[PDB]
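Heading - bortezomib (bound form) complexed with Proteasome subunit beta type-1
We name chains A, B, ... by the order of the sequence lines, and we start the count at 1 in each one. Hydrogens, waters and symmetry mates play no part in the numbers below; they use all other heavy atoms, side chains included. Portion of entry displayed, and contacts counted within that portion, nowhere else. All ligand and atom numbering here is 1-based and tracks the order in the structure.
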Amino acid sequence: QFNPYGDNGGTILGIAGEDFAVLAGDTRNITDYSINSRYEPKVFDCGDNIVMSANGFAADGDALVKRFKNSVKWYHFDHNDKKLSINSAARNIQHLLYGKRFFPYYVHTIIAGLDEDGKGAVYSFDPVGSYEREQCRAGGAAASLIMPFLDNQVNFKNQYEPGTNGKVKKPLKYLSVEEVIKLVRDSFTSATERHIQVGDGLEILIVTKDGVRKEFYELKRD
Amino acid sequence: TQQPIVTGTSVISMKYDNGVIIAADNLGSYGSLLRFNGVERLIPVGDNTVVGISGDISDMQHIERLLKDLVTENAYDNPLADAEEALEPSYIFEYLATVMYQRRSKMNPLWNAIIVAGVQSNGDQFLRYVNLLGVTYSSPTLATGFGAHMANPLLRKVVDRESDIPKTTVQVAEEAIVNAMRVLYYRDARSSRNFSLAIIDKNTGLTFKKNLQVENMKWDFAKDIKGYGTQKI
Amino acid sequence: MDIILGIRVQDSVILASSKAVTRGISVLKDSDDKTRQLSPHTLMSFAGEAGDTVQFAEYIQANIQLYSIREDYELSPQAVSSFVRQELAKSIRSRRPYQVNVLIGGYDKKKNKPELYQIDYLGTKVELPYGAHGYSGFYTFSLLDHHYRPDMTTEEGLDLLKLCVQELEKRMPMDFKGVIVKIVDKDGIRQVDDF
Amino acid sequence: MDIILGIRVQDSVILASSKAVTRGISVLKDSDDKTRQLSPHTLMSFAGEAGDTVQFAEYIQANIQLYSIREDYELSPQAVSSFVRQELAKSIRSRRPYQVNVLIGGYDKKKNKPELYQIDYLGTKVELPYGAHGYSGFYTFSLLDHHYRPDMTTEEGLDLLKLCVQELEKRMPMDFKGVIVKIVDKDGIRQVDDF
Amino acid sequence: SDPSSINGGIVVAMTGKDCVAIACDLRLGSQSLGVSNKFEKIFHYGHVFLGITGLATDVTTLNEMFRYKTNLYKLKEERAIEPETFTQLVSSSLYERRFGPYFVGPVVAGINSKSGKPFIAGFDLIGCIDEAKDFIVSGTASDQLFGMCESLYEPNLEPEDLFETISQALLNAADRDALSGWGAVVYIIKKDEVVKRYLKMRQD
Amino acid sequence: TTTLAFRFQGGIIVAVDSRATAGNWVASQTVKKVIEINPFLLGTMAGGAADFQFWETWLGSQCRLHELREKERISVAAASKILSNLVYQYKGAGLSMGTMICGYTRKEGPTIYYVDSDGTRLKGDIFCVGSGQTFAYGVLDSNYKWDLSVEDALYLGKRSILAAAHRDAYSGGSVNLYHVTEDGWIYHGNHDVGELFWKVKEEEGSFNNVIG
Amino acid sequence: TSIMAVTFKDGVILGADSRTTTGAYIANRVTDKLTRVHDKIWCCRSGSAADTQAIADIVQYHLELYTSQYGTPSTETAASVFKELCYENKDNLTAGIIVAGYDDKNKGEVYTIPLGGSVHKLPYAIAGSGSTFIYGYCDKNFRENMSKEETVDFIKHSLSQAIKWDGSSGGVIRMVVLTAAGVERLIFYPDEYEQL
Amino acid sequence: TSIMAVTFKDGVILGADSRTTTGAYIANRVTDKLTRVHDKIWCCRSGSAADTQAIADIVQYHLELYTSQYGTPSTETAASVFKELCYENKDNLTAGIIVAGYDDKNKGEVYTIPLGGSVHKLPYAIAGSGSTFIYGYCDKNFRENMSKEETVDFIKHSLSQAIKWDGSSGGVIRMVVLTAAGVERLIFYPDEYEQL
Amino acid sequence: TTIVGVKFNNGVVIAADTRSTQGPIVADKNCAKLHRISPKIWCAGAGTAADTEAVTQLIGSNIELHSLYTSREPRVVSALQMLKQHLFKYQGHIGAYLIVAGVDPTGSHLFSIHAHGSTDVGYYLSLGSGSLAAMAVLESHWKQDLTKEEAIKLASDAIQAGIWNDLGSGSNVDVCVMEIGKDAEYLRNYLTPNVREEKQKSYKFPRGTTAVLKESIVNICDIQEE
Ligand SMILES: *[B]([O])([O])[C]([C][C]([C])[C])[N]C(=O)[C]([C]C1=[C][C]=[C][C]=[C]1)[N]C(=O)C1=[C]N=[C][C]=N1
Ligand SMILES: *[B]([O])([O])[C]([C][C]([C])[C])[N]C(=O)[C]([C]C1=[C][C]=[C][C]=[C]1)[N]C(=O)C1=[C]N=[C][C]=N1
Ligand SMILES: *[B]([O])([O])[C]([C][C]([C])[C])[N]C(=O)[C]([C]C1=[C][C]=[C][C]=[C]1)[N]C(=O)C1=[C]N=[C][C]=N1
Ligand SMILES: *[B]([O])([O])[C]([C][C]([C])[C])[N]C(=O)[C]([C]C1=[C][C]=[C][C]=[C]1)[N]C(=O)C1=[C]N=[C][C]=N1
Ligand SMILES: [Cl-]
Ligand SMILES: [Cl-]
Ligand SMILES: [Mg+2]
Ligand SMILES: [Mg+2]
Ligand SMILES: [Mg+2]
Ligand SMILES: [Mg+2]
């Protein structure tokens with residue numbers, strides 16, 4: 001029997017800062033136990049200060065991103081070059097995904113950018129279109145390795161203030177872009193160590209009011 | 001949904017400093033039967049692209065006709081069909097990639113793994129993969145089927161990352177490909193000795209080599225191997 | 001496993017229908033009326049697959065109400081039952097059939113006779129003195145075979161119906177949370193609030 | 001069988017167990033005691049596959065009674081529960097395992113403490129303040145989480161137990177025909193005849 | 001259906017400077033239903049500690065079995081069993097049930113009394129020994145624990161620092177697992193003193 | 001998931017949990033399981049779904065279109081039936097959702113409708129839906145009265161979710177409360193279960209089984 | 001697998017390819033499928049490598065113990081021991097074995113034992129997946145009482161075709177000659193037999 | 001089924017057995033598997049009789065309509081029409097067809113169309129269940145530019161072996177010779193070809 | 001797993017990667033896949049980890065007892081025969097895929113063993129999920145009359161091919177050289193091409209960060225005197 005789906009592996013990560021947002025993802029592409037590519041870009045600039053990544057089955061992922069980029073283009077035509085807000089982009093993606101409810105895009109979609117107040121924004125989707133704004137979200141193969149670490153180091157979960165002994169929580173102080181990138185890099189370095197489908201390279205896209213910037217870092221190639 | 005019948009095995013390829021090399025053996029297998037020994041699986045499109053196809057041969061022949069028809073269509077009302085508006089590797093690939101994904105989406109796939117090797121207008125190397133699922137990826141080395149498991153490791157020792165491409169000459173790259181083809185003949189039970197090799201260079205253009213053979217094989221040591229353990233005679 | 005019961009006496013038709021609604025592990029409701037009034041002198045109770053039951057009952061109801069307005073005339077119970085049967089007989093060979101069993105209790109104002117019709121999801125119609133769907137009949141029919149007369153009063157019918165419900169409450173594993181009883185006679189349809 | 005409950009209070013252990021026995025379509029009995037006295041101060045209730053339950057309970061009973069005669073001494077609830085667990089743990093990897101879940105309520109005369117043990121058919125032992133098997137816990141544990149105290153009296157335990165049974169009778173689809181309640185304390189085992 | 005995730009639970013072990021730490025959650029459940037918040041998964045035989053995740057009946061059975069075997073070991077050898085030796089005993093014991101295995105994920109932890117060297121080891125259900133230097137993970141949130149441990153861990157941690165690391169590794173991993181949590185215990189083990197600490201965590 | 005909704009003197013209480021899981025993996029602890037359909041209607045979510053994000057957001061568009069056309073607020077009965085008739089067309093197609101459409105109008109008063117992916121549509125006073133529904137029902141049934149204050153009713157809903165969040169492995173994260181009058185629904189805080197549990201334990205004297 | 005044994009004037013010759021496959025991967029391209037159960041009684045192995053080795057090992061044990069008690073066994077006796085194993089364990093074995101040996105009294109003999117466990121004495125025998133493609137060739141080209149050189153050419157040409165068409169067959173052509181003169185091993189490489 | 005087409009100096013010859021089987025019962029022992037789609041373009045049919053007949057009937061219709069408009073079609077054109085049917089309906093067809101024809105310009109041509117729907121132009125082609133047993137024989141014995149008499153002997157001997165070994169093949173050997181001279185039918189009975 | 005064996009002039013060398021996996025997760029990053037059957041007979045193991053360990057220990061134990069019984073140094077063919085007959089008995093259910101090598105009074109030897117009990121002889125062999133990447137290298141670079149230095153190079157290069165290109169293989173390269181008339185040298189972590197880079201941040205927590213309910217001393221000591 002023909003199986004129309006496949007797992008291209010990989011892992012992605014979106015973190016929302018106070019006035020910025022990052023969307024990171026490893027550059028390794030795989031099938032089963034073979035490496036297809038050590039550098040296959042997975043996070044894309046889609047215009048209007050929005051970055052996107054659809055992790056999982058690359059064919060569906062590439063199809064979805066392509067269709068959203070297209071949706072952004074036709075949004076400009078139909079609505080007098082209006083900038084597509086991140087909340088509007090998110091809702092638009094829900095309809096793209098749910099449009100194939102009974103033959104889904106087998107992907108875990110994440111978009112990142114800035115909301116209309118200028119604050120950092122990350123939205124997360126399931127394969128059938130359900131979405132939710134989040135401060136922190138890892139998606140893909142090694143999501144189970146990264147998310148618990150982010151709960152601990154971004155939202156300061158299970159952490160309390162010394163001397164009080166469980167009474168006073170650690171205060172939720174904001175993180176800088178330099179601080180976030182450190183957590184991103186350590187997350188992927190750790191994920192690479194314990195997940196075979198994660199490695200080769202890490203590509204991060206940072207979104208600020210000034211625009212979209214890229215950073216690349218090597219990962220272990222085994 | 002179908003099953004592949006007459007099948008073509010590995011297609012291997014890599015980038016080098018001035019262009020790309022691609023190769024594939026001339027066999028059309030019918031299961032374990034090595035049915036057809038004269039099948040060309042590298043199909044050039046223009047003088048700047050070569051599409052290497054593995055998997056179902058009937059579907060390959062269909063794809064072959066689509067590419068042939070693509071060239072015809074591109075020439076229509078196009079005074080620059082042999083110049084600025086000639087077909088690019090990127091154009092030919094994206095077309096195939098569109099078809100492969102559309103066909104998988106109708107649950108009726110073209111049962112193939114395709115590698116589009118070529119050189120662009122600006123002299124850039126083009127090398128990208130697509131298969132029955134519509135999955136696409138690019139790399140300094142690309143290979144299908146058994147080639148993925150055996151060829152890539154060897155080809156990646158030459159060009160391990162992007163920065164190794166300008167350091168790799170056509171002589172070194174071709175040697176690596178020809179050696180990989182020999183290794184596949186040793187170890188792939190559905191491969192043949194005879195193969196075709198294509199080089200698309202930004203300076204010297206498209207060189208298409210037919211009727212190549214795997215040579216300089218090591219078999220002599222077989223005489224010394226006796227039994228499966230304890231046997232001496 | 002919903003229990004829906006029907007008994008035709010001298011001058012009326014009585015339909016008893018369970019109040020329980022179970023969605024797997026929990027009883028979500030214990031006051032559910034598993035019936036619809038198709039016309040002033042025609043009542044249809046129903047039991048089958050969730051959703052399908054109400055969807056079907058209301059669809060039938062709408063059609064009979066449409067007929068009543070168009071002709072300014074109430075269809076006979078026999079006519080309504082035949083219409084309903086055809087809909088189920090049509091349904092069974094559809095892409096997705098209505099999985100609904102019904103009892104149609106009506107009083108024919110022309111013939112001055114009560115009439116009870118039992119129709120299953122396949123479209124199998126039978127006119128009966130007393131009827132049931134599902135496992136309900138297995139317990140009750142033996143009691144009804146014994147005690148039933150065609151000349152019974154409505155009060156005697158209710159007493160015989162109580163005896164059926166008591167036996168169900170004793171021997172059935174499922175707690176169906178009692179029944180809502182409705183009477184259909186020359187004066188129309190009314191509900192017995194205490195049972 | 002269906003619903004078995006247990007609650008350990010200050011000075012006693014209370015075990016409630018349903019009375020219904022259903023074999024498929026019919027409730028064959030509504031007065032079944034799903035428990036065995038293993039020793040004067042140790043009671044085991046049980047629920048699982050038919051036949052297996054009683055066969056297992058009586059087999060355990062016989063073994064504990066044999067021990068009691070041999071040593072002229074009553075085993076502690078902890079000791080009996082450990083023995084029972086081992087038998088089930090042995091059973092699960094047998095040709096045909098015992099498909100039986102049990103609650104062991106006993107009063108330890110040495111430590112002067114009530115003890116409740118919950119053991120499933122796999123041989124999974126846990127000492128609890130209150131326990132249940134099957135779907136019973138899904139309804140009752142939320143009530144017990146709220147109302148339970150370790151210093152409750154036996155009468156307070158019975159009231160809390162009534163509240164559990166009422167909730168089961170409201171929301172469970174199966175009619176389990178009420179429960180037989182038994183109390184295990186320093187004075188031994190007795191049955192609450194009115195519940 | 002899957003025996004190794006009916007009851008749920010996790011165990012994690014780490015090495016520090018002249019010390020080892022082993023920690024576990026307290027949950028025992030029947031799939032979705034939480035049954036007990038006092039089901040401790042870490043046991044000890046002399047100075048050798050053993051954590052066991054997986055099917056609870058087998059957790060109990062194996063504890064009773066290794067108590068049995070280490071007690072006879074002691075009577076005959078006239079000394080307490082060491083972590084290295086116990087690890088081999090666990091592996092032997094598990095493999096003898098090769099084609100009818102105990103559905104468990106054992107984790108040995110302890111300090112060799114003679115050499116003073118910190119030791120940890122993990123196993124699969126049929127006895128394969130994973131003798132790691134840094135850390136061992138086991139249970140339904142092993143993926144999560146791998147992620148926490150791999151990022152949070154650093155070598156040569158002092159006992160009171162190691163406690164914080166392993167505690168946070170367990171807690172945050174357990175909170176991303178439906179079948180783990182309901183309390184947690186951490187054993188900090190030094191050559192001649194052992195401190196046991198119950199952690200305050202979310203009870204859902 | 002645990003979601004409940006009950007009618008009372010002060011209108012309707014709606015309480016839900018926040019957890020979403022993929023198998024044993026906890027996907028999210030921050031899920032909004034109440035779709036604010038419009039300012040007057042609320043809808044809950046449960047069942048391996050989020051199909052209901054799309055369809056109850058869609059329902060809000062249909063309810064908006066209704067009151068544009070009819071110059072009148074849509075009834076809870078009409079709104080619920082638009083959704084139930086929609087899912088009935090898709091019956092057989094996928095997974096298992098369950099919802100409570102909650103609202104308060106002049107003609108109806110406070111009304112709750114249990115709508116279901118199997119096509120079921122039930123009006124009622126009390127409903128609990130989700131994998132932890134049985135735990136919530138226990139607390140709710142034993143403590144429910146019509147004559148409850150808005151303060152006490154809110155707490156009962158909060159406590160019922162907490163009960164389920166504790167026992168049910170696939171419920172938890174946090175509690176989202178809502179109170180519904182005909183003047184509109186009123187949001188009553190996001191309550192983390194991690195903090196709410198220890199608070200309730202200490203103050204109420206409950207959960208003596210757990211050590212704290 | 002392409003294996004064959006052929007009787008001729010001076011005795012018998014066993015022939016085989018050298019390919020062992022796991023699906024389409026060639027696990028071993030220089031396998032020795034011609035194996036020795038006694039001084040001048042050999043066998044060709046096809047099917048499961050594990051099964052045929054386990055069988056061949058046991059047979060060699062039986063014939064070694066036979067020799068110690070009753071002297072040199074006949075080729076028929078060797079075939080009977082092979083059969084007894086293949087027949088009695090037919091449900092658990094995948095072994096196609098050709099037994100071939102040389103007596104001075106009986107001269108060259110060939111027994112084929114297919115999957116079932118049956119025994120068939122023949123002038124020559126062919127077996128293994130690749131044998132299908134050379135039934136036509138072998139039937140047309142086989143003669144009785146051929147010379148050594150003719151029989152070597154017959155096996156070489158036959159297996160060459162079997163190799164050419166069968167994916168499961170390939171590598172070198174091994175041969176083992178059994179005559180009064182002794183035991184001679186022959187090998188033929190791709191460059192030699194492919195151009196035939 | 002044993003079918004083959006062979007090009008030679010003067011043109012091309014199609015050859016086939018005559019056995020149609022329902023399992024092990026021979027439904028027809030005198031079947032004509034060599035069928036005519038045009039004056040000098042014929043085909044050999046293997047696989048499903050129903051499918052190959054339905055296909056061959058349609059092809060003959062297409063080439064008859066082609067001829068009425070554009071004159072005599074090429075053998076390549078005929079093969080293309082066969083392919084179009086076999087390829088586009090591969091999920092619902094079991095047809096192994098060999099197309100063979102004679103032009104004056106192109107002379108003798110042979111196209112084989114296996115299950116997949118692929119087309120393969122060859123000097124000669126073999127197909128059907130019984131072809132497996134004669135790959136070795138046909139490869140060794142085929143030469144280009146043979147005479148009519150040599151090609152008849154090649155097909156006769158080849159199919160004889162295919163018949164000998166394949167249960168699905170048997171009966172008479174039918175042949176059809178396509179040259180400039182015209183269309184000649186040949187038949188060869190068991191007594192003749194078995195003793196070869 | 002990538003395991004290889006390479007014959008050379010005066011002996012044999014085997015090598016292996018050090019990655020153990022459970023699905024897509026790495027269970028052990030520095031696994032020991034080279035097992036000692038006897039002092040000068042070592043084998044590399046792929047497949048099910050417990051099995052390769054267990055089956056090697058058992059045969060190694062019986063080989064030792066046999067060596068003591070016969071007053072002779074053990075032979076590779078004895079280990080080979082004992083392993084294959086054991087594995088065959090269990091019909092592939094013992095998932096051990098071994099490359100057995102060593103030196104004995106007969107000479108130097110190199111064999112492979114599969115789970116079902118089939119044995120193969122060779123001058124160069126490779127097994128496991130990365131055997132195709134390894135065999136590609138071996139087929140490209142192997143020659144007759146290799147020296148010790150060349151064989152170690154070829155062997156470790158074949159393991160690397162697996163480490164990099166096969167996701168089932170990774171981390172370090174273990175090597176064991178068994179030369180005739182010499183002690184076998186076991187080179188644990190011969191290559192270490194996968195050391196993790198320094199982390200960007202230290203995640204050492206401030207003491208008292210974790211909330212604690214109860215503390216207690218655990219009595220690990222025996223029952224005390226007096
Ligand atoms: B609840 O547990 O029913 C919940 C409600 C949903 C609206 C968030 N369902 C889920 O979390 C389901 C899994 C499930 C668990 C238990 C019973 C039924 C279903 N998960 C999801 O819907 C899900 C998971 N990952 C991403 C997105 N959505
Ligand atoms: B031959 O192809 O039949 C061959 C003969 C064998 C004695 C070496 N058999 C194999 O190659 C078998 C598989 C097989 C192929 C074709 C037909 C029947 C069986 N191979 C194995 O048994 C094998 C595979 N991988 C590793 C070890 N052994
Ligand atoms: B030949 O054996 O392939 C033959 C050729 C056909 C064109 C006459 N086919 C058949 O005999 C088929 C069955 C078959 C046998 C072997 C391989 C594939 C198919 N027979 C039929 O189609 C048939 C059977 N019974 C009645 C009518 N037709
Ligand atoms: B290698 O990848 O073949 C490797 C060699 C082994 C000897 C260390 N195999 C493994 O790591 C196996 C793979 C495997 C997974 C699942 C079933 C069987 C085999 N892993 C283990 O044996 C394993 C898995 N979890 C814990 C410990 N060991
Ligand atoms: Cl072999
Ligand atoms: Cl026909
Ligand atoms: Mg009926
Ligand atoms: Mg919970
Ligand atoms: Mg025949
Ligand atoms: Mg790797």
- Item | Location of bortezomib (bound form), all copies | ligands 1, 2, 3 and 4
- Message: Hey, which other chains get a heavy atom under 4.0 Å from bortezomib (bound form, ligand 2)?
- Response: G, I
- Task: Tell me the name listed for chain I in the PDB entry.
- Result: Proteasome subunit beta type-2
- Task: List the UniProt active-site residue of chain G that sits nearest bortezomib (bound form, ligand 2), with the heavy-atom separation to 1 Å.
- Result: G/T1, 1 Å
- Item | Modeled covalent bond for bortezomib (bound form, ligand 2) | G/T1 OG1
- Origin organism of chain G per PDB: Saccharomyces cerevisiae
- Item | Heavy-atom shell of 4.0 Å around bortezomib (bound form, ligand 2) | G/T1, G/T20, G/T21, G/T22, G/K33, G/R45, G/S46, G/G47, G/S48, G/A49, G/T52, G/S168, I/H114, I/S118
